[PDB]
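Below, a PDB structure including RWJ-671818.
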Amino acid sequence: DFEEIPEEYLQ
Amino acid sequence: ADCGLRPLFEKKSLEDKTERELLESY
Amino acid sequence: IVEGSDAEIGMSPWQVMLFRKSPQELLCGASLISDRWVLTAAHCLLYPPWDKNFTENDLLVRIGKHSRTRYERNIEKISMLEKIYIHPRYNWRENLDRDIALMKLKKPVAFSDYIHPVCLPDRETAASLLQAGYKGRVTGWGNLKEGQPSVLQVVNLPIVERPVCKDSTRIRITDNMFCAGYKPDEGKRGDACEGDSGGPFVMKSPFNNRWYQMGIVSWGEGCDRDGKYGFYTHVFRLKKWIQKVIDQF
Ligand SMILES: Cc1cnc(NCC(F)(F)c2ccccc2)c(=O)n1CC(=O)NCCONC(=N)N
């Protein structure tokens with residue numbers, strides 16, 4: 001449902 | 001120090017669509 | 001928010017979204033009170049009866065947003081947490097007394113047209129504005145009914161007399177709480193709801209035109225039931241704990 005955020009932030 | 005003054009409203013002296021309702025109840 | 005409206009862009013530049021890393025989902029609202037500090041409800045981080053016990057590394061804060069689900073490139077800032085502080089005497093066992101937490105961001109966030117901290121009230125501001133009948137404003141991306149909005153929702157609600165708040169529920173009310181909402185005969189509606197928790201209840205001071213955060217969306221029985229009211233953490237009553245945490249850490 002939520003658009004993916006930049007990968008780095010999930011780091 | 002600059003708290004609670006919105007760049008797109010207070011700072012430009014524009015009012016949002018329903019802030020009047022708040023001030024009136026006071 | 002139930003029976004609210006779409007916010008306007010820039011309407012609540014202090015509004016913060018607590019966002020879960022995995023699964024990626026909306027946890028709560030929160031509010032930006034400086035370049036480095038975010039204010040929210042303790043029950044957003046810690047609530048053992050639902051096995052909720054999040055730490056610094058489980059969450060992201062998203063500042064500057066309007067859309068609930070888009071990644072608002074060039075507009076929103078996403079920050080990581082350095083530390084979470086929960087009020088030592090937060091009563092999750094009984095009535096959510098002292099429902100408050102502070103969050104310290106890893107790095108300061110740059111203010112913009114869409115990002116800007118709300119004021120904390122001082123004693124005189126609180127005494128003047130915190131009054132039955134006076135309206136405040138609540139914002140959030142939470143549930144529309146007791147389904148989910150595409151943009152930030154807003155609703156303005158009157159503060160309700162304490163005896164009426166007490167007489168609406170079996171829950172023990174304390175001085176650290178107030179309730180707000182329309183009464184059943186007033187013929188207007190609205191309330192916060194799930195996913196609105198930790199959001200700011202704000203009033204605009206008539207004396208200096210500034211926005212002040214008086215409450216934090218805390219708890220309710222259902223959402224927008226007649227004869228029930230939203231409860232809010234009383235920010236000024238806990239302000240000493242807030243100042244203590246901030247200039248110590
Ligand atoms: C964490 C949580 C648990 N219980 C909720 N409401 C049920 C209750 F009223 F019976 C209750 C039970 C224990 C302690 C206090 C109250 C409750 O509302 N929460 C927090 C949460 O659900 N808040 C979402 C915003 O809800 N507030 C409004 N309905 N305006």
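In what follows, chains carry the letters A, B, and so on, assigned in the order in which the sequence lines appear, proteins first and then strands, with residues in each chain numbered from 1. Only this structure's heavy atoms are used, side chains among them; waters, hydrogens and symmetry mates stay out. The header says X-ray crystallography, 2.2 Å. Remember, it's 1-based here, ligands and their atoms both numbered in the order they're listed.
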Largest contact partner of RWJ-671818 (ligand 1) (naming from the PDB entry): Thrombin heavy chain
Heavy-atom contacts under 4.0 Å with RWJ-671818 (ligand 1), by chain: C
Non-hydrogen contacts within 4.0 Å of RWJ-671818 (ligand 1): C:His43, C:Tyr47, C:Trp50, C:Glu94, C:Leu96, C:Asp191, C:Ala192, C:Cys193, C:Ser197, C:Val217, C:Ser218, C:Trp219, C:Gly220, C:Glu221, C:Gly222, C:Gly230
C:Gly230: numbered RWJ-671818 (ligand 1) atoms lying under 4.0 Å from its heavy atoms: 30 (N)
UniProt domain of chain C holding most residues touching RWJ-671818 (ligand 1): Peptidase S1
C:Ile171, any N or O under 3.5 Å of RWJ-671818 (ligand 1) N or O: no
Contacting atoms of RWJ-671818 (ligand 1), where contact means under 4.0 angstrom from a heavy atom of C:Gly222: 29 (N)
Closest protein heavy atom to atom 6 (N) of RWJ-671818 (ligand 1), given as residue, atom name and distance to 0.1 Å: C:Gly220 O, 2.8 Å
Proximal RWJ-671818 (ligand 1) atoms for C:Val217, defined as those under 4.0 Å from one of its heavy atoms: 25 (C)
Within-cut-off N or O pair, C:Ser218 and RWJ-671818 (ligand 1), under 3.5 Å: yes
C:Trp50 neighbourhood, listing RWJ-671818 (ligand 1) atoms whose heavy-atom distance to it stays under 4.0 Å: 2 (C), 3 (C)
Sub-4.0 Å atoms of RWJ-671818 (ligand 1) with respect to non-hydrogen atoms of C:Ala192: 28 (C), 29 (N), 30 (N)
Organism in the entry for chain C: Homo sapiens
Polar atom proximity, C:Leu96 to RWJ-671818 (ligand 1) (N or O, under 3.5 Å): no
Where RWJ-671818 (ligand 1) meets C:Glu94 - atom numbers and elements under 4.0 angstrom, heavy-atom basis: 13 (C), 14 (C)
N/O separation below 3.5 Å, C:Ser197 to RWJ-671818 (ligand 1): yes
RWJ-671818 (ligand 1) to chain C UniProt active site: nearest residue and heavy-atom distance: C:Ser197, 3 Å
Residue C:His43 vicinity, atoms of RWJ-671818 (ligand 1) by number, heavy atom under 4.0 Å: 1 (C), 20 (C), 21 (C), 23 (N)
